Asker: 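Before I ask anything, let me first share the structure, which is written out below as structure tokens.
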Amino acid sequence: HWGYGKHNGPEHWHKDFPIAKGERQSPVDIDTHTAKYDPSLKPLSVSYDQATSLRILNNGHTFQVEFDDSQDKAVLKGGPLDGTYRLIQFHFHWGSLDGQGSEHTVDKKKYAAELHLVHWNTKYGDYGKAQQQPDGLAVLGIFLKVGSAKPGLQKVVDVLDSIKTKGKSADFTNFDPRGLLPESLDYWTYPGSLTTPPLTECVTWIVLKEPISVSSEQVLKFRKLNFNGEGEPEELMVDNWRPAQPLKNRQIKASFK
Ligand SMILES: CCOc1ccc2nc(S(N)(=O)=O)sc2c1
Ligand SMILES: [Zn+2]
């Protein structure tokens, strides 16, 4: 059904998913000159020491690395959040060229890609129930710019040939998502939505100010993935990002400046 092409891309999603035209859609442009420093926001607590990665999956829209979320292992807390949010997966959005690919923008700047670490609020007991609640999910967004390689990303890049096409998975154990973080945990935060269907308004977004650097070779390997399944016409998995949506009444808060 939905995807990222001319015929099924972001401009069409509202017909199956009317909340696409809602009041709290994501991503947004982060206007750094209107974001409000909030001295009461806490440092983020990213606690990934016990993370247990299990698998990597090409889901036809992105690839995702999934974790064991059946115990409090890898959790996000603090910052703007009230409870504890458990990591379930991360995935990326990227472009066909280094000058596009991120979902969020910063003063209209697009990055080459964006990493989303998806966490669910443990007060809701499971990820699927959390997806139905206004404060169900917290997604940590990290921009990727092209420059030096990110060594912590290479284990991911090297397995992508084994999941070229939609529906392929591979075991992916012992991956440490701490290797994908920038030095600083300074962030912006605002209330929003999933950026892909069903576009539910269930996300507290936490977008880090500092991008990570990845090499041109690393991002090129993302662009060799396919949206299609095996045996179908080849369609390169590129430009799997939703453009910025109207901010509406919302305020973006900053943890710094
Ligand atoms: C069953 C889980 O379903 C979904 C659907 C859409 C979706 N979008 C995001 S994002 N790009 O991080 O805002 S995470 C997510 C999970
Ligand atoms: Zn995403």
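Following the PDB entry, chain A residues are numbered 4-125, 127-261, in order. Counting starts at 1 for both ligands and their atoms, in listed order. This deposition comes from X-ray crystallography, 1.3 Å. Atoms considered below: every heavy atom in the structure, side chains included; atoms not considered: hydrogens, waters and symmetry mates.
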Asker: So, lamivudine, ethoxzolamide, tiazofurin, brimonidine, ulotaront - which of those ended up at ligand 1?
Answerer: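 The drug at ligand 1 is ethoxzolamide.
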Asker: Which macromolecule here is the main partner of ethoxzolamide (ligand 1) by heavy-atom contacts, as listed in the PDB entry?
Answerer: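 By contact count, the main one is Carbonic anhydrase 2.
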Asker: Quick check on contacts: which atoms of ethoxzolamide (ligand 1) are under 4.0 angstrom from a heavy atom of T200?
Answerer: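 Here the atoms of ethoxzolamide (ligand 1) in question are 5 (C), 6 (C), 7 (C), 8 (N).
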Asker: Measure heavy-atom distances from ethoxzolamide (ligand 1) to each UniProt active-site residue of chain A and report the closest residue with its distance to 1 Å.
Answerer: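 UniProt active site, heavy atoms, to 1 Å: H64, 8 Å.
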Asker: If the cut-off is 4.0 Å, which other ligands or ions are near ethoxzolamide (ligand 1)?
Answerer: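 Those are ligand 2 (zinc ion).
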Asker: What's the shortest distance from atom 12 (O) of ethoxzolamide (ligand 1) to any protein heavy atom, and which residue and atom give it?
Answerer: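 Its nearest protein heavy-atom neighbour is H94 CE1, 3.2 Å.
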Asker: For ethoxzolamide (ligand 1), is there an atom lying under 4.0 Å from some heavy atom of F95?
Answerer: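 It does not; every heavy atom stays at 4.0 Å or beyond.
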Asker: Using distance alone, determine whether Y131 and ethoxzolamide (ligand 1) share an N or O pair under 3.5 Å.
Answerer: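 N/O-N/O distance below 3.5 Å does not exist for this pair.
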Asker: Which of the Zn(2+)-binding residues UniProt records for chain A come closer than 4.0 Å to ethoxzolamide (ligand 1), counting heavy atoms only?
Answerer: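 Within heavy-atom range of ethoxzolamide (ligand 1), the UniProt set gives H94, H96, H119.
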Asker: Show which atoms of ethoxzolamide (ligand 1) fall inside a sub-4.0 Å distance from at least one heavy-atom site of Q135.
Answerer: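 Near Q135, meaning under 4.0 Å from one of its heavy atoms, ethoxzolamide (ligand 1) has 1 (C), 2 (C).
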Asker: Just wondering, where does chain A come from, per the PDB?
Answerer: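 The entry lists the organism as Homo sapiens.
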Asker: Is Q92 in polar range of ethoxzolamide (ligand 1), meaning some N or O pair under 3.5 Å apart?
Answerer: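 No, no N or O pair falls under 3.5 Å.
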Asker: Which UniProt substrate binders of chain A are under 4.0 Å from ethoxzolamide (ligand 1) in heavy-atom terms?
Answerer: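 Short answer: the UniProt residues with a heavy atom that close are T199, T200.
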Asker: Any non-hydrogen atom of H96 lying under 4.0 Å from ethoxzolamide (ligand 1)?
Answerer: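 It does; at least one heavy atom falls under 4.0 Å.
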Asker: Check if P201 has a non-hydrogen atom at a distance under 4.0 Å from any atom of ethoxzolamide (ligand 1).
Answerer: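 Yes.
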Asker: Report the UniProt domain in chain A that accounts for most contacts with ethoxzolamide (ligand 1).
Answerer: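 By UniProt annotation, Alpha-carbonic anhydrase.
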Asker: Check each atom of ethoxzolamide (ligand 1) against the heavy atoms of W209 and keep those under 4.0 Å away; list them by number with element.
Answerer: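 Listed by number with element, the hits are 13 (O).
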Asker: Which residues lie closer than 4.0 Å to ethoxzolamide (ligand 1) by heavy-atom distance?
Answerer: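 At that heavy-atom cut-off, the site is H94, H96, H119, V121, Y131, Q135, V143, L198, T199, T200, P201, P202, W209.
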